[PDB]
Visitor: 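Below is a deposited model of Beta-lactamase OXA-58 with meropenem (bound form) as ligand.
In order, the residues displayed for chain A correspond to 44-280 in the PDB entry numbering, which applies throughout. Just so you know, ligand 1 is whichever comes first in the structure, and atom 1 is the first atom listed for that ligand.
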Amino acid sequence: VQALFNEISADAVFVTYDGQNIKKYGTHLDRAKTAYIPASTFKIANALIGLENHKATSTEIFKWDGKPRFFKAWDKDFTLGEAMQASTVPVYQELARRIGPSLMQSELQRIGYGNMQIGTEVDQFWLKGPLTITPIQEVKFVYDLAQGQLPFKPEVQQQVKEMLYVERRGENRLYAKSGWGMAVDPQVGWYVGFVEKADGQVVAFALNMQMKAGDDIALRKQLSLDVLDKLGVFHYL
Ligand SMILES: *C(=O)[C@@H]([C@@H]1NC(C(=O)O)=C(S[C@@H]2CN[C@H](C(=O)N(C)C)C2)[C@@H]1C)[C@@H](C)O
């Protein structure tokens, strides 16, 4: 499992949490206590805050305004859940603006998300700082989401869980969110989520790694699923 990790020159940590114990794997374990920008993984918290504070619904269609976005794949209409899986920044920036800086700040503090700092710009703080979060905090946040244990209404947590539903493999279910922060140095790669196993156990996970411009986009998920197979959490079908 260690051999898997250093087949790349990836500098990387993989964290698991089962509600009592944190386990760490990879090439650079100190990464798990290290704080990084959440990038696209912040969409989980943005969705939760938005639904809880009645700023959006899980059925609302955020329409494209016709102005070309950073990626052409984002030049369409999205619900929050579709935007979650496509990582559609401008949709979640619209949501963040509906929320507003003081409510966003008060809410991230209330729920104890990372360092709880947003600064002045309500649509940039998760992409360039000053908000940072450790992979351990990330694994515990999504674990709590999985259990309905976050400080949000139960139906809100359920809605955001379904936004993260990415694979069914028998009676096992995978929930995940990827992230690639490119506007910081060094670049940060995330793949965070949980597996709801057929036996009833949930295991939460977080991949956190250094990235750079060459890197293939699928590598984070591949790695994660690789490790989860090796650990026995989510076997390849
Ligand atoms: C979030 O961290 C950023 C997005 N995160 C990801 C990602 O996790 O893969 C991407 S990749 C981007 C969106 N999908 C485009 C694509 O796959 N095609 C056009 C085929 C590439 C983003 C970098 C967000 C902050 O931008």
Visitor: Measure heavy-atom distances from meropenem (bound form, ligand 1) to each UniProt active-site residue of chain A and report the closest residue with its distance to 1 Å.
Guide: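 Rounded to 1 Å on heavy atoms, the nearest UniProt active-site residue is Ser83, 1 Å.
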Visitor: For atom 15 (C) of meropenem (bound form, ligand 1), state which one of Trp223, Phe113, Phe114 supplies the nearest heavy atom.
Guide: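 Ranked by closest heavy atom to atom 15 (C) of meropenem (bound form, ligand 1), first place is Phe114.
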Visitor: Among all the protein's non-hydrogen atoms, which is closest to atom 24 (C) of meropenem (bound form, ligand 1), and how far away is it?
Guide: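 For this ligand atom, the closest protein heavy atom is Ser83 OG, 2.8 Å.
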Visitor: For atom 14 (N) of meropenem (bound form, ligand 1), what is the nearest protein heavy atom, given as residue, atom name and distance?
Guide: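 Looking only at protein heavy atoms, the one closest to atom 14 (N) of meropenem (bound form, ligand 1) is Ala129 O, 4.3 Å.
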Visitor: Could you say whether the N/O atoms of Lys86 and meropenem (bound form, ligand 1) ever approach to under 3.5 Å?
Guide: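 No, there is no polar N/O contact under 3.5 Å.
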Visitor: Quick check on contacts: which atoms of meropenem (bound form, ligand 1) are under 4.0 angstrom from a heavy atom of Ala82?
Guide: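 Contacts of meropenem (bound form, ligand 1) toward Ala82, numbered from 1: 2 (O).
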Visitor: According to the deposited model, which residue and atom hold a covalent bond to meropenem (bound form, ligand 1)?
Guide: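 The deposited model shows a covalent tie to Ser83 OG.
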Visitor: Enumerate the beta-lactam-binding residues UniProt records for chain A that place a heavy atom under 4.0 Å from meropenem (bound form, ligand 1).
Guide: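 The UniProt-listed residues with a non-hydrogen atom that close: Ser83, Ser130, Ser221, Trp223, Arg263.
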Visitor: Could you pull out the residues near meropenem (bound form, ligand 1) at 4.0 Å? Heavy atoms only, by chain and number.
Guide: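 Residues with a heavy atom in range: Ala82, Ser83, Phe114, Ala116, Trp117, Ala129, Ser130, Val132, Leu170, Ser221, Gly222, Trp223, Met225, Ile260, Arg263.
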Visitor: Give every pair formed by an N or O atom of meropenem (bound form, ligand 1) and a protein N or O atom closer than 3.5 Å, one pair per line with both atom names and the distance to 0.1 Å, or write none.
Guide:
| unit_1 | atom_1 | unit_2 | atom_2 | d |
| --- | --- | --- | --- | --- |
| meropenem (bound form, ligand 1) | 2 (O) | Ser83 | N | 2.8 |
| meropenem (bound form, ligand 1) | 2 (O) | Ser83 | OG | 2.3 |
| meropenem (bound form, ligand 1) | 2 (O) | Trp223 | N | 2.8 |
| meropenem (bound form, ligand 1) | 2 (O) | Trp223 | O | 3.3 |
| meropenem (bound form, ligand 1) | 5 (N) | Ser83 | OG | 3.4 |
| meropenem (bound form, ligand 1) | 8 (O) | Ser221 | OG | 2.5 |
| meropenem (bound form, ligand 1) | 8 (O) | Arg263 | NH1 | 2.9 |
| meropenem (bound form, ligand 1) | 9 (O) | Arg263 | NH2 | 3.0 |

